[PDB]
Structure formats: C-alpha cells, structure tokens
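Record below includes bortezomib.
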Amino acid sequence: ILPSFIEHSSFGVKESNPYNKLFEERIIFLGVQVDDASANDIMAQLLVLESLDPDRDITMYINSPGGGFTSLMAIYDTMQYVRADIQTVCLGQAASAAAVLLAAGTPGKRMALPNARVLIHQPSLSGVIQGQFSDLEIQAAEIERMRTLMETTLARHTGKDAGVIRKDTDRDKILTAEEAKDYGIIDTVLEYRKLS
Amino acid sequence: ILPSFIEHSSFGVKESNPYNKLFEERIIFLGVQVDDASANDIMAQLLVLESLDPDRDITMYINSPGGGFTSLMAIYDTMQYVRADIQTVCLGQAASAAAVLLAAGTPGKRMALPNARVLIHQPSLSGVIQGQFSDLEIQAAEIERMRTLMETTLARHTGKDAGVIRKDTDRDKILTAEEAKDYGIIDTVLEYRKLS
Amino acid sequence: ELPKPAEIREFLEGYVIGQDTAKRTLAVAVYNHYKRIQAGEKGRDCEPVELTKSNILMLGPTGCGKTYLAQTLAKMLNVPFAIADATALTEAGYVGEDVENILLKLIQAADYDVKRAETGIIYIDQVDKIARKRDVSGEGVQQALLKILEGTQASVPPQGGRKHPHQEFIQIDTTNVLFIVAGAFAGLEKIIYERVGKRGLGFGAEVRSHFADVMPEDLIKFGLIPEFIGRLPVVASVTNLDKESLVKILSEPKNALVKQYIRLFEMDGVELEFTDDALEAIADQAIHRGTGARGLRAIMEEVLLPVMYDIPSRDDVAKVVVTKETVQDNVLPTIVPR
Amino acid sequence: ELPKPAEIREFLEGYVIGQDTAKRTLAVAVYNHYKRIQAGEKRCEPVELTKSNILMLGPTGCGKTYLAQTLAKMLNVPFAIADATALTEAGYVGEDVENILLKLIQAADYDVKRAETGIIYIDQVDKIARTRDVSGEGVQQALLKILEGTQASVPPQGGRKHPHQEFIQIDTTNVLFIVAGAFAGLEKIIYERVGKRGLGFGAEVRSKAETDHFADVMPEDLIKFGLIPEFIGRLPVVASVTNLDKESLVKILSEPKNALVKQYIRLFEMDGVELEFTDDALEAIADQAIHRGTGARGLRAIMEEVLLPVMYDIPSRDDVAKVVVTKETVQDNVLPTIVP
Ligand SMILES: Nc1ncnc2c1ncn2[C@@H]1O[C@H](COP(=O)(O)OP(=O)(O)OP(=O)(O)O)[C@@H](O)[C@H]1O
Ligand SMILES: Nc1ncnc2c1ncn2[C@@H]1O[C@H](COP(=O)(O)OP(=O)(O)OP(=O)(O)O)[C@@H](O)[C@H]1O
Ligand SMILES: CC(C)C[C@H](NC(=O)[C@H](Cc1ccccc1)NC(=O)c1cnccn1)B(O)O
Ligand SMILES: CC(C)C[C@H](NC(=O)[C@H](Cc1ccccc1)NC(=O)c1cnccn1)B(O)O
C-alpha cells in the first residue's frame, strides 16, 4: 500500500505519490530487481532527467537485490552516458548488478546508509542453460565475458585492479557501508541527520 | 474493503483513501510484511515527509509480521536519517523486523497499544540456501552479521547489552505492550482515550 | 523645488506604515522622475544624455499597501497621476478597455494638457491578474502595454479634445510617463521559493521548513511575457505586515483605522477609546485573518458591531474597547454622561 | 552619394552595441531603399525595384526598437514607429492597419509623395499570431496588402476607419516595412529542425542559461510559430538581433551616446555628486543582467537595484564622488568619497 498526498505547488491541488515526488526531485528509484523491465524504466527516467536539466545531479536510490547482466549494463551505460552526475545512494542492499550500479555513481557522490549492505559477486547463470557443447562453449565464453566486464567495471569505479575484483568476487563478498567505503563501492556512509 | 472516493476536477483522477488522510497528518503506515516493496514504500514516504516539514514528527504505525533484514535496515536507516523525530506506534503486533523498527523510534515517542504484542527473535533463512560449503560459510557469516547487527540495533534502542539481546532473542521472545515497555522496545503503553 | 526622496518618504510615512523598501523605491523613483523632468525639458551637458525612465513593479500581499502607497503618492505629486486597473484592460480589439484609455486618465488628470501628461505617473493596478499560463485580457494586455511602458507616440481612441467629430485622437509621448504597476502575485512566492528556498528532498539534499528576491524568470513562471518584465526594471517588494506594523496601522497614520472609527462614534457624541492591549488584540486577529491591513477592518467591524447598534440608541459619552472585548465578544463598559 | 551602408552602420554603432548582423541589415536595406528612391525619377530604366521588407528577430531588450529608433535619427525618409498589437482587422474595434500609413503620412508632414517613399517600423509582429482572432492572424491578413504594395485608402480621421470620408490615397509599392518582434517561443521551434533532440541517446541537451541567435530561422519555423505563410514571404529580409553577452552588456552600460551609466551619472550630477564606477563593477552589473535575462533592459534593473540605497541618501547629504565597486554591486551599501 502507498498513500498519496497533495502538493499545493505553483498550481496546487496536485495529487502525487511519493515516487512521483522523488522523481520530481530528480531521484530515480531502483528498489526492484534489476531485470529488463526495471532497467527499461530507470533508463527512461535517466534520459528524462537529463533532458529536464543536464546540470543538476540525478540521484539513484538502490534497494535492489541485483539481477540480469544486460539489464545491469543497460542502466550502467545510461548512468554513464547522461550529462548529469549520478548520485547513487544505497538503501538496504545493493547486491549483484546493484552494487555495480552503486559503484557506477559519480566519484564523490556514491553513498550508502550506515546499515546498508553491499554484496558483490561474480555473474551466475540463473538455472541450467542446456544445449550442445558448442552451444555451451559460447555460453561459457559469454559468462566469462560478463565476469570480465563486471570486474573491469568495478575496477574503474573502485580503483582496484580487476584481478583484485576477481579474487574478491569469487564468493559473495558482502560489504557493509564502511567496508564498501574502504573498498571503493561508495565513498560516503552518510551519517544520520536527525535533529535529536 | 477500504472506502475511498475519486474526485476528478478535470485535473486528475484524484484518489482519497483513509491512508491518504493519515499521510497528510504525517502518519506512515507499516501494515504489511517488511519486504523490499514495503521498505521501498516506507522510505519514499519518510523522505517526502522530511521534505514537507523536517521539524514535525513523522508517525510510523506498525502492524507487521516483520520480514527481510536488508528491507528492515532500509527502513531503519531512513528512519534514523530524517530530521523529523519518528513516533512509532505498535498496532496489534510488531514481530521480527518490525519490532526493531518499533524500537527505532525517537526515545519517548515509541508507543504501543495495550494489547499489541512485540515479537523479537534472531534472524532466519526462510527456506534453504543451497551451495558449496564455502558458499554456506559466507551465508552463515552473513546471518551472524545480521544477527549481531540486529542485536546491536536493539542494544542502542532498548538500553540493553547486546549480549542480553542474544539470550532473549534465542527463541521467540513475545512481549506484551507493558513487557515491551519494561524491555525498552516502546516507551509508552498508549492509554485509551474514549469519551465514555 | 524637487522634493528629495527623504522628503517624499516622510510624506509616505504619514499615511503608510511599514513598507520601508517600497517607500524608498517609490520615493527614489519619483525623485528620479522629477529629475528626468527638467533635464529633458531644460537641457544641459559632459555629453548631453537623454534620460530614460525606470518603471516600477510593486509586489506584495493584499492589504499591505500597494494601492494605498500609490494613493498616498497621488496626494503629493507635482506631476499628473492616473490610477488604473489592468483587469478592465484588453488588447487592441476586444470589447474591454483599451491600453490608451489609461493614457486618457492621465490626459484627464493633466486638464487635457499633453505636455504635462507626458511628464505623468500612471499606476496600473492589478498586473498580476493579466497573467498568462489565445487570451485577450490576460495575455494580450502585456502585448499592448509594452509599447506604452517603453514610450510610444500613442493616440487616445475616444475623446481627443472634448470630442470634436474631426480628430478624436490626441498624441501623447509615453517615453517620460513613469509607470508604477502592482499586484499581489499570490502564487509567485511559491515560485520564488523553488529557486532561493531550495525545497530539497531525500538523502543528501538539504530539507527546509518571498517578494524581495524576484528575478524575471519567476515572473515568467508566474506567467508574464519576457518583454513585459524588461519594461519594469524596478521591483518595489511590498512586504507582509507583521503584528507590530498592524498595531501602528490602526492608530499611527493620518486616515488611520481607529481614527475613522472614533470619528464614527463622535457622530453619536461618543468618545470611543482603545486600550493598547485591545489594539494588539485586533492586530493579533488580523494577521490570522490573512488579508493584510484590510483584515484590521474585518476585526473592528465585528468587535464594534454590537456597539455600533445600541450606542446610537443611547445617551453615552465614552466607550472603551478593552482587550477583553476583542479576544472574545464581551459586554460594554459605557461611561454614562456626567 | 546617398549614405553608404558603412556610413549607416557607423551611425548605428554610436548608439547600438553588438547586433552586427542586424546592423549590416538595416544599413544595406536602408541603402537599397535609398537606391530605390533614387531610381524613382526615371531617363531610361526598364526594370523596377521592389521593397525587400525586413523581418527583424531577436530576444527581449537586445535592441530591435532601439535599432529602429536609431535608424529614425538619420533617415532622410519619413519614418513611422507602428505597433502590431495596436492594430486590428478591418471591421473591428481598435485601430486598423491603415493607421500605420497615417503615422507615416504624419511623419511625412502630410506629404503623400514623400510618404509613398517612406519606411514603416511595425513593432512586435510576433504578437500577431495564432473564433476569428481579429487582433492576431487577422492583422496579418490585413497587413499583407500593405506590405506588398497597394493603393491604400487611409482615413485622415486619425486612424479609426469608418466607411464615409475623403481618404488619403497612398501607394506602398516603395514603402519599406521593417517589422520586428521578440518571437519568444520560436527558438524551440527552430531547434526542432536545425538541432538534435532535446532528449535521449545521441541528442544534444542544453543548459538553461544558453536562444539560437535567430539566424537559422526559416518560414517553416515561422509558420509553426503563428505567422501566416503569406505574411512571411512579403518579409524577405531576415535580421537577427542576438542575445547580448557579457562583453556587449559591459559596453551598453558605458559606451553609447545615451549609455546607461551616462544616464545615472547625469542623475547624480543633478544632485551635485559625481557618480563613477570601477570597471569590475560594470562587469558585475553585466554579470547579473544575463541572470535577469531581459537583455539590456536587465542592466537598468540592476543599476536601480544597486543605486537604490544610494539615491535615497545622496540627495540628503553633501558629497563629491561615489565610487561604486563590485562589493557595492553584490552587497547593498553606500560608501562615497566624502568631500574635504
Ligand atoms: N502599510 C500600510 N499603512 C497604513 N495603512 C495601510 C497599509 N497597507 C494597507 N493599509 C490600509 O489598507 C487598505 C488597503 O490598502 P491597499 O489598497 O494598499 O491594499 P492592496 O495591497 O493594494 O490590496 P490588493 O493587493 O488586494 O489590491 C487601505 O485603505 C489602507 O488604509
Ligand atoms: N546593442 C545595444 N546597444 C546599446 N543599447 C542597447 C542595445 N540593445 C538594447 N539597448 C538598450 O536597451 C533599451 C531597450 O531596447 P529596445 O527598445 O530595442 O527593446 P527591445 O529589446 O527591442 O524590446 P522588444 O524585443 O520587446 O521589442 C534601449 O533603451 C537601449 O538603450
Ligand atoms: C553479478 C552481476 C553481474 C549480476 C548477477 N548475476 C548475473 O550476472 C546475472 C544473473 C541472472 C539474473 C537474471 C536472469 C538470469 C541470470 N546474469 C545474467 O543476467 C545473464 C543473462 N544471460 C546470460 C548470462 N547471464 B546478479 O543478478 O546476482
Ligand atoms: C529478526 C529480523 C532481523 C528479521 C526476521 N527474519 C530475518 O532476519 C529475515 C528472514 C527472511 C525474510 C524474507 C526473506 C528471506 C529471509 N532474513 C533475511 O531477510 C535474510 C535475507 N537474505 C539472507 C539472510 N537473511 B523476521 O522477518 O522474522
């Protein structure tokens, strides 16, 4: 359930759900799994917010469990393409593709929350892909293309060697926010700002 | 069933729930299980209500069986982040993760209705995580990090030692409203205010 | 003579309370208007400069003294003054008032002498209500005033020289005719707050809990064409009146509000008095009334409504409105004659 | 012979700073107007010349009227400043489009053969555009016969047409029609064709502080604006007034003949107080005038804003000099050079 409020803006009596209000303040929200249908949404929002103002920062909230690699690199390329700097904030988990999108933000502008979880791991095939050994040789050279491209991506954004990413993403490397700050996924753990 | 009209006014298809009425009075409602989609909703509402007025207290109603840990710490961090104090009110139950959000209110502002229960227990894995023993050693260091993080969260909000949270959340520790006041989850068992 | 801006403001202080930045603006700009007259009518170098007017756009909430600061300014001008509304104006064409009838109001205020009316001041009231988002009374009035606000050889369409059936038009040069325009611009303080306020949201961005920082892009987002704001370089910035100004608006000005109620009770032979706590209690209920100093009257008409009914049916000499009569409706002290 | 376009230019440069393209045009076009009137006395000439009317485009306050008001001051040809918003289609209230010919005949001192060789400046023809629309598109309908040249019966009543009177017959086949307008929604229409998209991959998205110079404008863009296709073809010359940059607006403050800084130094001299500016201050005033975004009119919006605490205090005092600095532009105060 999502309650909807009313904004008395230049017009007033404008009904708005909190997600439209995030997007009005240039906050793209990645809270669902990174699949094609989610990546299609985020890339459309990244191009709209680049068009509305290419100078103001787009903020990307990441509560995603991560997902498809081509959906990852669809969002990744659009985050890197737009003229606006991307401010990635991790809210809860950034796992799999999401931690790559979390590291994909503009340097200086990658945040998490103090109890956020950053889970980096190598690509995996969801379920068994079957076929002839010539088919499987293609699919395995492809997931090594995906594994190398993910580590090359995390090498550009964490400042680590891609072989260091390869040793770290052998298993599920779960980082906390302070551990992902030292790793280079983020560089701000984002202290709480409550007045009390 | 939920009574709700649609005013149109040739500007919108404007919906009016009782939840929209509660959200106008800065009442965020956690009435479902804390999953990603619930946590995504609650965090978007906490940030909207911080932006609308960061001085007035957000109220969070909690009638929830509790769910995922990263969805928990998504809501938890966004609660602790916003400049507004958070009045957590327990309705009926706050179990598992939702008792942590109930304790996560501002001190003095954590309420429970008199027949609400507060169910605290250690994190679990719903279902079996398969894998090699190196994968499972990662997943078990994770569930111990989740357990330690939940206990140190309940330590800093109940004023208990985190080892006392260990011995209490070893099994299901169901508290009443008055037992959660003595434990430190809530600060006020909320008195009835009926005219008669 | 050329009364200085301190002397113009001192006249404005006698009627208008508060409004320092608007009185200083409308005293400086009237003084610059008095100086660009007898510099275009006398001439001297070096490099002899043809001066050009700086028209005024007044902006502030209702009741806060935009029209009243112009009506006060009307009572001191050595130049012709024409007050006019833009809500009656239309673009040249459609049925409403033409934008050269505001020049006819200035020709009529100059006793049909065009050389004095070329030195005049026109006050176009309610230019926030010719605002756009075609519209012929709220988009095309910008398009029609803009030739007048910059200076043109306009000709007034009725009544050229007391209606001779040949040459019903007389020329007027609006180059040296100062224009003061005004309006509430009620939705504009929500527009200005988007820029100078920065209502931010979310993790990171700063979260926060009006007419003095007015850029032309705010007036375009209010809906006014970009040509129309450039003719109005001066923003007067009328401010919202607090409690401490509304107490003084009751009693300090020449035609003050409680001065014209004690005048009403003197027609009944009754000396109306106010405790100073009652004047504060009236102004406490006028800032909540939300209509400026026009809401000071709305309080005193209902504080004095049971008083104004029975007091002319009685023999009294003194009536004292205490603070207990204002915060809730209270009985009458009524000092009997003696 | 009959002042050259470089000579018309250097008169315009004495008043107008910048707009070099829209000063070559209106020097060329006025010289071509002069050569057409010079050819209005004949010997042997088997070819007759046409108007070449001017549609002058540019953003607000950047000098279109001020180009025409300057061009009024040299012209040797009668000159009417008209306004298209004042006009209305015939049969309807308000003025009709034969008033702008009367304003030329009045400018020619009721010498019609001089007014048949005139120049009319119709100001703000972007405001005649897109149920009859008597004040918009209907003006363009009534005005195209005036632009291309017709035997127009002009009422000497003052401008309000009414069917019975003697008229003034004027021929506008040699009257030049400089027309102008802000065209505030046209740079988006031009950008739809000459530019890339405003959105998406492989597009050119632009900052909010950066107008097209109105130099890529074509009638494809002007029909989509709201001008009828008949009105545009009768305006063959495109004059592009450009948005004034910082380097032009620092010159518009101090360099021209009735320059803005010269206006205020004149105002303070009438208080007996010498006004002067540091050059860093004039650059700071022209900085904030691009932020106003109303052209050279935004310069006056700052000079009144900077000198408002000054012009209240100076006439009540005794000073000799004033020195306005960058700090007196970014922070409102007053600090004269108090007289010995
Ligand atoms: N600053 C002031 N000092 C003294 N009296 C004031 C002041 N402002 C308003 N008033 C009183 O309020 C009445 C209305 O003033 P005015 O016409 O200026 O309001 P306004 O702001 O122009 O209204 P609106 O904006 O709704 O057109 C006047 O009769 C005047 O006596
Ligand atoms: N290039 C320039 N050089 C010097 N002064 C200029 C220049 N451009 C504009 N100005 C100044 O700006 C003022 C307004 O100019 P103008 O009357 O041409 O307005 P405009 O921009 O044509 O308005 P609109 O576009 O709405 O017709 C003039 O008084 C003039 O002194
Ligand atoms: C680690 C990053 C690169 C992404 C992680 N896993 C992958 O690489 C994902 C896992 C996945 C998700 C949904 C459907 C199918 C497969 N890999 C792919 O998307 C994928 C798709 N086609 C061929 C090969 N791999 B994440 O989803 O756990
Ligand atoms: C006690 C608090 C921390 C939360 C309780 N349970 C958990 O810790 C939850 C139980 C759960 C819920 C939904 C899906 C999967 C697992 N733990 C997790 O969210 C979780 C998720 N991934 C790995 C390990 N644990 B509650 O939901 O009973």
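Letters A, B, ... label the chains, following the sequence lines from first to last. Chain A is numbered as in the PDB entry; the shown residues are, in order, 15-210. Throughout, chain B uses the PDB entry numbering, with the displayed residues spanning 15-210 in order. Note that chain C is numbered according to the PDB entry, with residues 60-104, 107-194, 202-277, 286-414 shown in order. For chain D, we keep the numbers from the PDB entry: what you see runs 60-101, 106-193, 201-280, 284-413, in order. A fraction of the deposited model is presented, and contact counting is confined to that fraction. First listed ligand is number 1; within each ligand, the first listed atom is number 1. When reading the values below, keep in mind they use all heavy atoms of this one structure, side chains included, and skip hydrogens, waters and symmetry mates.
Location of bortezomib, all copies: ligands 3 and 4. Per UniProt, the macromolecule in most contact with bortezomib (ligand 3) is ATP-dependent Clp protease proteolytic subunit 2. In contact with bortezomib (ligand 3) at heavy-atom distances under 4.0 Å, by letter: A. Binding site of bortezomib (ligand 3) at 4.0 Å (heavy atoms): A:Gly80, A:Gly81, A:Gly82, A:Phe83, A:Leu86, A:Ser110, A:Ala111, A:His135, A:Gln136, A:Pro137, A:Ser138, A:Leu139, A:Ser140, A:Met160, A:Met164. Protein heavy atom in closest approach to atom 13 (C) of bortezomib (ligand 3): A:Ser140 OG, 3.7 Å.
Ranking the protein heavy atoms by distance from atom 1 (C) of bortezomib (ligand 3) puts A:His135 O, 3.1 Å first. Annotation: atom 9 (C) of bortezomib (ligand 3) to nearest protein heavy atom, A:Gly81 O, 3.4 Å. For bortezomib (ligand 3) and A:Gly80, the ligand atoms under 4.0 Å from any heavy atom of the residue are 27 (O). The contact set between bortezomib (ligand 3) and A:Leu86, taken as ligand atoms under 4.0 Å from a residue heavy atom, comprises 3 (C). Atom 19 (O) of bortezomib (ligand 3) has A:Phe83 N, 2.6 Å as its closest protein atom, hydrogens excluded (heavy atom only). The closest protein non-hydrogen atom to atom 25 (N) of bortezomib (ligand 3) is A:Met160 SD, 3.1 Å.
Scanning all protein heavy atoms for the shortest distance to atom 8 (O) of bortezomib (ligand 3) gives A:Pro137 CB, 2.9 Å. In terms of protein heavy-atom proximity, atom 10 (C) of bortezomib (ligand 3) is nearest to A:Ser138 O, 3.1 Å. Below 4.0 Å from some heavy atom of A:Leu139 lie the following atoms of bortezomib (ligand 3), by number and element: 23 (C), 24 (C), 25 (N).
Here the protein heavy atom with the shortest distance to atom 2 (C) of bortezomib (ligand 3) is A:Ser110 OG, 3.5 Å.
Between A:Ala111 and bortezomib (ligand 3), not a single N/O pair is under 3.5 Å apart.
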Could you list each nitrogen or oxygen of bortezomib (ligand 3) that sits under 3.5 Å from a protein nitrogen or oxygen, with the atom names and the distance?
from, atom 1, to, atom 2, distance (Å)
bortezomib (ligand 3), 17 (N), A:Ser138, O, 3.4
bortezomib (ligand 3), 19 (O), A:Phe83, N, 2.6
bortezomib (ligand 3), 27 (O), A:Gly81, N, 3.1
bortezomib (ligand 3), 27 (O), A:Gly81, O, 2.4
bortezomib (ligand 3), 27 (O), A:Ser110, OG, 2.5
bortezomib (ligand 3), 28 (O), A:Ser110, OG, 2.5
bortezomib (ligand 3), 28 (O), A:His135, NE2, 2.6

